[PDB]
> 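Structure of interest includes benzylpenicillin (bound form); see the questions below.
When a residue number appears, it is its place in the shown sequence, counting from 1. For the numbers below, each heavy atom of this structure counts, side chains included, while hydrogens, waters and symmetry mates do not. As the structure lists them, so they are numbered: ligands from 1, and atoms in each ligand from 1.
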Amino acid sequence: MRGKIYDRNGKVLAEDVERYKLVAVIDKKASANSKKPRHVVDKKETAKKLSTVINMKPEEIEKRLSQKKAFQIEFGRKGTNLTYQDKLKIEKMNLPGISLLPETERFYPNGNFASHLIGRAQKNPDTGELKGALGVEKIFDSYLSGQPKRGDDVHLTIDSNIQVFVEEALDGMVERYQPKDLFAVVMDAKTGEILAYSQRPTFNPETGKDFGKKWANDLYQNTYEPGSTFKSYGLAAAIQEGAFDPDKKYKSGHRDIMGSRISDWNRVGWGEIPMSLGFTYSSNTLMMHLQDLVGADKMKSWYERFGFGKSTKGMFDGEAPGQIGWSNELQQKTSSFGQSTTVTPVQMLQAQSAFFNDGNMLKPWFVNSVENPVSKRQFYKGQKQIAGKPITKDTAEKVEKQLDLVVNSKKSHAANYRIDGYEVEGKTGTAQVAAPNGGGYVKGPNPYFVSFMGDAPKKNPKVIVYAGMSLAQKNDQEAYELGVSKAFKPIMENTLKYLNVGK
Ligand SMILES: *C(=O)[C@@H](NC(=O)Cc1ccccc1)[C@@H]1N[C@@H](C(=O)O)C(C)(C)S1
């Protein structure tokens, strides 16, 4: 009996269950008595009396009850997975030929729910043996797999209440923007526990609908050009190095890099503005400037020290390292605002954690334990671990003040992320998406990966929410303008209420 998969609070995300399959013996070959038949005689009337319990298709049933030289028949999917009452109901009616075989099915109480984390187990029909095909099911299969030995349970950090907030919000963003890719992740700011994680498009582990359309888990196995969320790590390196003074002025506008003209987003700039306002506006010239002040060799190192270009070493299979793009000054200067370099969303959460743990990066984790439920032996137990301390408490407190302004500055271009009654901070991102098949960047009206790396309450946050949407195929203009504010706001507002945060 395959092990359970539980959430933070012992609520069930996957379990084995006893269901029943319907079998009808149609062929008259059980004729040792016409008075005591063991096959289906009146087809019309046998068909009608189980319509009362099954899908109620008396014609489709009577149709299927008519085949060629087959003793037994099944009724595909609507005649598998039937309750223990559905058995006793059909057994009371004493129909001849009709029996119900027991079947052990894998059952996901919440259906489409953390589907790409939890994964799916598939049944060998010959043995009823279940094998994990993706996610926790696949990773921890040997632990979950079971004279009759009962398999070990896997406990996640996922909180079913928060996971719901995330599932509703991403459901809305698909109706509004129908994007090619989309994800949101809630993490405990102070522990690095994944409290909630979802992505679209995804599958239903229960029904199996859409399974194997996308193998890739967004949090761990998919890489992105992060965009301007990645500026927080460059700003931290610059604050530590001395390059960044919020009140010093810099020449905004553009820079000429290996002959190409990389410019601020409004193209003109704002002339000489303070570096604080530079960041608040998301000036690429500020970041290319700070890179010149600090040094190309010193900045590759600073990115490496924030955990980039190498795997977080988490519990997920085939975790992507990504890569720091640093082969020519065009790659380095574009890396400063999160193009060329590829990240995993989990790398970004590891990095971002440093601003709230006095400079200590938290290794993010979702598996809480693997225990036998009889013996109570923990074969594995996860905990808060430090992944690096790339910056000082001071650097961190100052990166925080900039993230506060990005949202709450009177000249903010990101007030769409404010939440009535809770103070929020973070950094926005709009980024070009590499074309799957070489061909530089995806073309179109606004062919962007919009993203936000927020946290609340500000300075001493309970949670970090990192949502990202890639290539909205509808309201693509509103996508560019609002990014992921329509997912961030509800996810964050409901998660703070549920953790009883004041206001
Ligand atoms: C960071 O990713 C920056 N993005 C770019 O410079 C690329 C870009 C994409 C669309 C339009 C113009 C430029 C800055 N990040 C976003 C943001 O802060 O939301 C901006 C569009 C302001 S530029």
> Which partner chain accounts for the most atom contacts with benzylpenicillin (bound form, ligand 1), named as in the PDB entry?
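By most contacts, it's Penicillin-binding protein 1.
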> Name every other-chain residue that has a non-hydrogen atom under 4.0 Å from benzylpenicillin (bound form, ligand 1).
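Residues with a heavy atom in range: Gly227, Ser228, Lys231, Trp265, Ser282, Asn284, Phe337, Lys427, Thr428, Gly429, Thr430, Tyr448, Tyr480.
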> Within benzylpenicillin (bound form, ligand 1), which atoms have a heavy atom of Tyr480 less than 4.0 Å away?
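Counting atoms of benzylpenicillin (bound form, ligand 1) from 1, those under 4.0 Å from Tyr480 are 10 (C), 11 (C), 21 (C).
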> Regarding benzylpenicillin (bound form, ligand 1), does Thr428 bring an N or O atom to under 3.5 Å of one of the ligand's N or O atoms?
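Yes; the residue has a nitrogen or oxygen that sits under 3.5 Å from a nitrogen or oxygen of the ligand.
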> Out of all atoms in benzylpenicillin (bound form, ligand 1), which are within 4.0 Å of some heavy atom of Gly227? Include the element for each.
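That gives atoms 2 (O) of benzylpenicillin (bound form, ligand 1).
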> Nearest to atom 12 (C) of benzylpenicillin (bound form, ligand 1), what protein heavy atom do you find, and at what distance?
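Checking every protein heavy atom, the shortest distance to atom 12 (C) of benzylpenicillin (bound form, ligand 1) gives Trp265 CB, 4.0 Å.
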> What atoms in benzylpenicillin (bound form, ligand 1) come closer than 4.0 Å to a heavy atom of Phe337?
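Going through benzylpenicillin (bound form, ligand 1) atom by atom, the ones under 4.0 Å from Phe337 are 1 (C), 2 (O).
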> Any idea which residue and atom the entry shows joined by a covalent bond to benzylpenicillin (bound form, ligand 1)? Or none?
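The covalent attachment is at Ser228 OG.
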> Just distances here: any N/O of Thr430 and N/O of benzylpenicillin (bound form, ligand 1) closer than 3.5 Å?
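There is such a contact, yes.
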> Would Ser282 count as being in polar contact with benzylpenicillin (bound form, ligand 1), using the rule that some N or O on each side must be under 3.5 angstrom apart?
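For benzylpenicillin (bound form, ligand 1), there is an N or O atom that lies under 3.5 Å from one belonging to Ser282.
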> Identify, for atom 15 (N) of benzylpenicillin (bound form, ligand 1), the protein heavy atom at the shortest distance, and state residue, atom and that distance.
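Its nearest protein heavy-atom neighbour is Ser228 OG, 3.0 Å.
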> Note the single closest protein heavy atom to atom 6 (O) of benzylpenicillin (bound form, ligand 1), along with its residue, its atom name and the distance in Å.
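The protein heavy atom lying closest is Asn284 ND2, 3.0 Å.
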